[PDB]
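Residue numbers run from 1 in the order of the sequence given. For ligands, and for the atoms within them, numbers begin at 1 and follow the listed sequence. As a basis for the values below, the full set of heavy atoms in this structure was taken, side chains included, without hydrogen atoms, waters or symmetry mates.
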Amino acid sequence: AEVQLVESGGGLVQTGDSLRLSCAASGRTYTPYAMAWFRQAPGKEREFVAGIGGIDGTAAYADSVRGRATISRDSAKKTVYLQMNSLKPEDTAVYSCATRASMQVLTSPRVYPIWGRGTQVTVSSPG
Ligand SMILES: O=C(Nc1ccc(Cl)cc1)Nc1ccc(Cl)c(Cl)c1
C-alpha cells in the first residue's frame with residue numbers, strides 16, 4: 001500500500017491504569033485523513049474505539065470509552081495517539097489503527113483500506 005501503519009504502546013496493566021497507544025504512519029501520508037483505532041478480543045469482531053480526522057483534529061469516541069479516552073495527532077511526527085485511562089479487564093484486546101483517503105471518520109471497519117498490525121492491551125485485576 002501507499003501508506004504503512006505501525007502501532008506501539010500497548011501493555012500488560014492493572015485495572016485503573018493508563019496507557020498511551022501510538023500509530024506511526026509512513027509513505028504517502030496526508031495527516032488530515034481519518035485515523036481510527038479499532039479493538040478486537042479473540043472470537044469477536046473488530047469494533048471502533050476512537051478516531052481523528054479533518055482540519056480541526058476532530059475526535060470521535062465509542063460509547064465504550066466514553067470519558068476515558070483522548071485521541072490526538074502530531075502531523076510533524078506522522079503519529080496518532082490514543083490515551084486510555086481507568087482501564088478495566090473488559091478493555092483487553094488487540095488495538096489496531098486504520099486509515100483511508102478521506103478526512104471523514106467512520107465507525108465501520110469496512111471503509112478503511114489500510115491497517116496496522118495491532119498492539120496488545122491486557123488489563124488484569126490488580127495483583
Ligand atoms: O495518510 C493517511 N493518514 C494519516 C492520518 C494521520 C496522520 Cl498523523 C498520518 C497519516 N491516510 C491515507 C493517505 C493516503 C492514502 Cl492512499 C490512504 Cl488510503 C490513506
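Most heavy-atom contacts to ligand 1 in this structure come from the chain listed in the PDB entry as Camelid Nanobody VHH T9. Of the drugs phenobarbital, tiazofurin, triclocarban, climbazole, the one observed at ligand 1 is triclocarban. Heavy atoms within 4.0 Å of triclocarban (ligand 1) belong to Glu2, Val3, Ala25, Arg28, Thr29, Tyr30, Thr31, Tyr33, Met35, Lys78, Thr79, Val80, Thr99, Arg100, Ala101, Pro113, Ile114. Near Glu2, the atoms of triclocarban (ligand 1) lying under 4.0 angstrom from a non-hydrogen atom of the residue are 16 (Cl).
Ranking the protein heavy atoms by distance from atom 14 (C) of triclocarban (ligand 1) puts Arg28 O, 3.3 Å first. The protein atom (non-hydrogen) at minimum distance from atom 18 (Cl) of triclocarban (ligand 1) is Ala101 N, 3.5 Å. For atom 5 (C) of triclocarban (ligand 1), the closest heavy atom belonging to the protein is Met35 CG, 3.1 Å.
Residue-to-ligand polar distances place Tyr30 within reach of triclocarban (ligand 1): an N/O pair is separated by less than 3.5 Å.
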Please tabulate protein-ligand N/O pairs under 3.5 Å for triclocarban (ligand 1), atom names and distances to 0.1 Å.
from                    : atom 1 : to    : atom 2 : distance (Å)
triclocarban (ligand 1) : 1 (O)  : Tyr30 : N      : 3.0
triclocarban (ligand 1) : 3 (N)  : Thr99 : OG1    : 3.0
triclocarban (ligand 1) : 11 (N) : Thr99 : OG1    : 2.9

